[PDB]
Amino acid sequence: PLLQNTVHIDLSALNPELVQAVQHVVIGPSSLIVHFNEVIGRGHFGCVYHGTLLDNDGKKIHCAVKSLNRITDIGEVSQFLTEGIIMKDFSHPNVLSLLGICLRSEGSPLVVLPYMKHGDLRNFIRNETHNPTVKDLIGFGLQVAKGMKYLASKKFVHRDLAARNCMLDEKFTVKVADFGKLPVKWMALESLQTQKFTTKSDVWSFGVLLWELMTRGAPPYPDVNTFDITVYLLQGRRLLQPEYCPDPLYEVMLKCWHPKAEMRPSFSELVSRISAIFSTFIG
Ligand SMILES: Cc1ccc(C(=O)Nc2ccc(Oc3cc4cnn(C)c4cc3-c3cn[nH]c3)c(F)c2)c(=O)n1-c1ccc(F)cc1
């Protein structure tokens, strides 16, 4: 019999430009070991495993390897690879990048990502044994802002910026990412009403993310049900200042939630202002 393991992908059925872009980042099968018995996370769509990649020296590099589960049509493969390839264009320390793509003779293509020792940011900050300092939390927010300043300069709109979508590596470098209907409590008022997303709606979301950092990963608007959020915002109501949050940082959050998209600060101005806050907060 022909099993789920024996699937063969017809690359001639993909856009040739996608295949050629993938060519730029191909990882030979003999250079990758996937620890199929060490699942990092598993969804209905895909699964992520621990892996080891051998560099051109022959040294071992810990990585994360993303696969599709059961593949039944070419559009799922196309989507999967197109996502991976968007990351190829990113090169910034606060933006998640791709190590490469492996595709064997049979089976799912494999997207190979750097290993992020401390997982997602929201879980990290909620952990009592990590108990980050207020200073550390501001620092994380500045790193996110720097990654978003980069993305915005490339005209990439994130659409789901939130602490759950940022990851943390062994050097405590924050990498903006997207784990992949609507994240209503992170969305700008105009996006709730029109379902259009811009860099200025990412700024709103970043303000929410900052609030999550400073509350050590509290859920936003816990009292408000997700159908109630638009009314709350229409009345001019906003997330309240977290305990221990410096005043100038809360001022930054409020500015991010200005009802007029064009009066919100740019990521460049957020980087400057948060840098200033970080530099003067001694702790
Ligand atoms: C553009 C684009 C396309 C695709 C992605 C994407 O596929 N990201 C993605 C993210 C996490 C993933 O999962 C893990 C990876 C690692 C690594 N180490 N460790 C420990 C992990 C644990 C998990 C884990 C999964 N579940 N539970 C735990 C994962 F497989 C794929 C992405 O992020 N972007 C993007 C969007 C906007 C940006 F700014 C930059 C990139």
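The residues of chain A that appear here are 1045-1224, 1244-1346 by the PDB entry count, in order. Every number for a ligand or one of its atoms is a count from 1 in the order of the listing.
The main partner of ligand 1 in this structure, judged by heavy-atom pairs under 4.5 Å and named as in UniProt, is Hepatocyte growth factor receptor. The drug placed at ligand 1 in this model is merestinib.
At a heavy-atom cut-off of 4.0 Å, the residues contacting merestinib are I1084, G1085, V1092, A1108, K1110, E1127, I1130, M1131, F1134, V1139, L1140, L1157, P1158, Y1159, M1160, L1195, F1200, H1202, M1211, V1220, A1221, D1222, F1223. The region of chain A touching merestinib is mostly the UniProt domain Protein kinase.
Closest UniProt active-site residue of chain A to merestinib, with heavy-atom distance to 1 Å: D1204, 8 Å.
Which parts of merestinib touch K1110 is read off a 4.0 Å heavy-atom cut-off, strictly below it: atoms 7 (O), 30 (F). The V1092 neighbourhood of merestinib comprises atoms 13 (O), 30 (F), with distances under 4.0 Å to a heavy atom of that residue. Close contacts of merestinib with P1158, meaning ligand atoms under 4.0 Å from a residue heavy atom, involve 17 (C), 18 (N).
Listed by number with element, the atoms of merestinib under 4.0 Å from a non-hydrogen atom of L1195 are 39 (F).
Counting atoms of merestinib from 1 in the listed order, those under 4.0 Å from a heavy atom of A1108 are 16 (C), 17 (C), 18 (N).
Listed by number with element, the atoms of merestinib under 4.0 angstrom from any heavy atom of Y1159 are 18 (N), 20 (C). Between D1222 and merestinib, an N or O atom pair is found at a separation short of 3.5 Å.
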